[PDB]
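Structural view - chlortetracycline in its complex with Ephrin type-B receptor 1.
One is the number of the first residue; the rest follow in order along the sequence. FYI, side chains are in, hydrogens and waters are out, and symmetry mates aren't considered; it's all heavy atoms of this structure. Order of listing sets the numbers, starting from 1, for every ligand and every atom in it.
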Amino acid sequence: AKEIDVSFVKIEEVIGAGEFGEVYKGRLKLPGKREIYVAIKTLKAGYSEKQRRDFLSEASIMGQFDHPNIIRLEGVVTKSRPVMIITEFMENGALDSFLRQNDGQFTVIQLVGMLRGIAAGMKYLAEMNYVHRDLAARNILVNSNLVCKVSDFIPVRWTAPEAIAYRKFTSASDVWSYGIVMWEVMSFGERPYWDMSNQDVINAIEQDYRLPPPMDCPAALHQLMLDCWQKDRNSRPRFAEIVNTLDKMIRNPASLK
Ligand SMILES: CN(C)[C@@H]1C(O)=C(C(N)=O)C(=O)[C@@]2(O)C(O)=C3C(=O)c4c(O)ccc(Cl)c4[C@@](C)(O)[C@H]3C[C@@H]12
């Protein structure tokens, strides 16, 4: 939780209306340091002291994380009004819209690199005993160099069956969600289960339906999705094994067909 003087921040265009409030693209220029682009999150106008505390508690959590695939907190504005959370700027935005706007424009190995980065950030979060519960391509952000970073600090079709049926949220239910993300990425942002209703998805999953390989998806990558979607949460790979499998695919690209 580093305190940033608001005079070091210039707020430019709006780039989103999140749930707590608005997000802006801005510039951060600390004395003696090179200027960087940042995302500035604001709380909706008229926020209560309780909403303020809730907001700054989110910041406190983000500040604990220091990983290349986790959104970096630059600092907070709390001495002046309104409060703000300042994070690193991700030029390409949310991963799902980024893929939908660039359909077919990335190679398989670029896509696997993106998935590897996400798995590495998720490994770090799980190692620190945090369960995301909301892992989806819409909650991953992408910088100018295609590095993907986990953000967003019940979406039924992203959620593990035990998490829906028994509210048991663990890193193993995040792994289920990660398998759905893999499918979104390899499909360039298709909707999981398409137009199936939430209950249709639940019923299908209970009858051992699983999503098919996206077009031109390597068989080995779709198999790793299916491993993530094992009914028994203990049979799923942990994020450490996912990273190692994706590394081995990257290091052995013949594995990709
Ligand atoms: C902390 N808060 C400001 C937002 C958030 O939830 C993040 C986080 N620390 O988990 C972000 O990554 C964000 O901090 C963050 O980095 C965002 C951001 O840079 C961005 C860019 O660059 C392009 C498109 C979009 Cl949609 C976004 C955008 C709206 O998702 C924001 C979100 C914020």
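Using a 4.0 Å cut-off to heavy atoms of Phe153, the atoms of chlortetracycline (ligand 1) that qualify are 10 (O).
The residue of chain A annotated as active site in UniProt and closest to chlortetracycline (ligand 1), together with its heavy-atom distance to 1 Å, is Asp134, 9 Å. The option with the heavy atom closest to atom 14 (O) of chlortetracycline (ligand 1), from among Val14, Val38, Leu141, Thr87, is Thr87.
For atom 22 (O) of chlortetracycline (ligand 1), the candidate residues are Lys149, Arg138, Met90, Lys41; the nearest heavy-atom contact is made by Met90. In chain A, chlortetracycline (ligand 1) lies within 4.0 Å of these UniProt ATP-binding residues, judged by heavy atoms: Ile15, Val23, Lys41. Within chlortetracycline (ligand 1), the atoms closer than 4.0 Å to a non-hydrogen atom of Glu88 are 16 (O), 19 (O), numbered from 1 in the order shown. Each of the following atoms of chlortetracycline (ligand 1) lies closer than 4.0 Å to a heavy atom of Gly93: 23 (C), 24 (C). The contact set between chlortetracycline (ligand 1) and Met62, taken as ligand atoms under 4.0 Å from a residue heavy atom, comprises 9 (N). The UniProt domain of chain A holding most residues in contact with chlortetracycline (ligand 1) is Protein kinase. Among the atoms of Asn92, none of the N or O lies under 3.5 angstrom from an N or O of chlortetracycline (ligand 1). Counting protein heavy atoms under 4.0 angstrom from atom 11 (C) of chlortetracycline (ligand 1) gives one or more. At a heavy-atom cut-off of 4.0 Å, the residues contacting chlortetracycline (ligand 1) are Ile15, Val23, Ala39, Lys41, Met62, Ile71, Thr87, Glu88, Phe89, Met90, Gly93, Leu141, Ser151, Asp152, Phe153.
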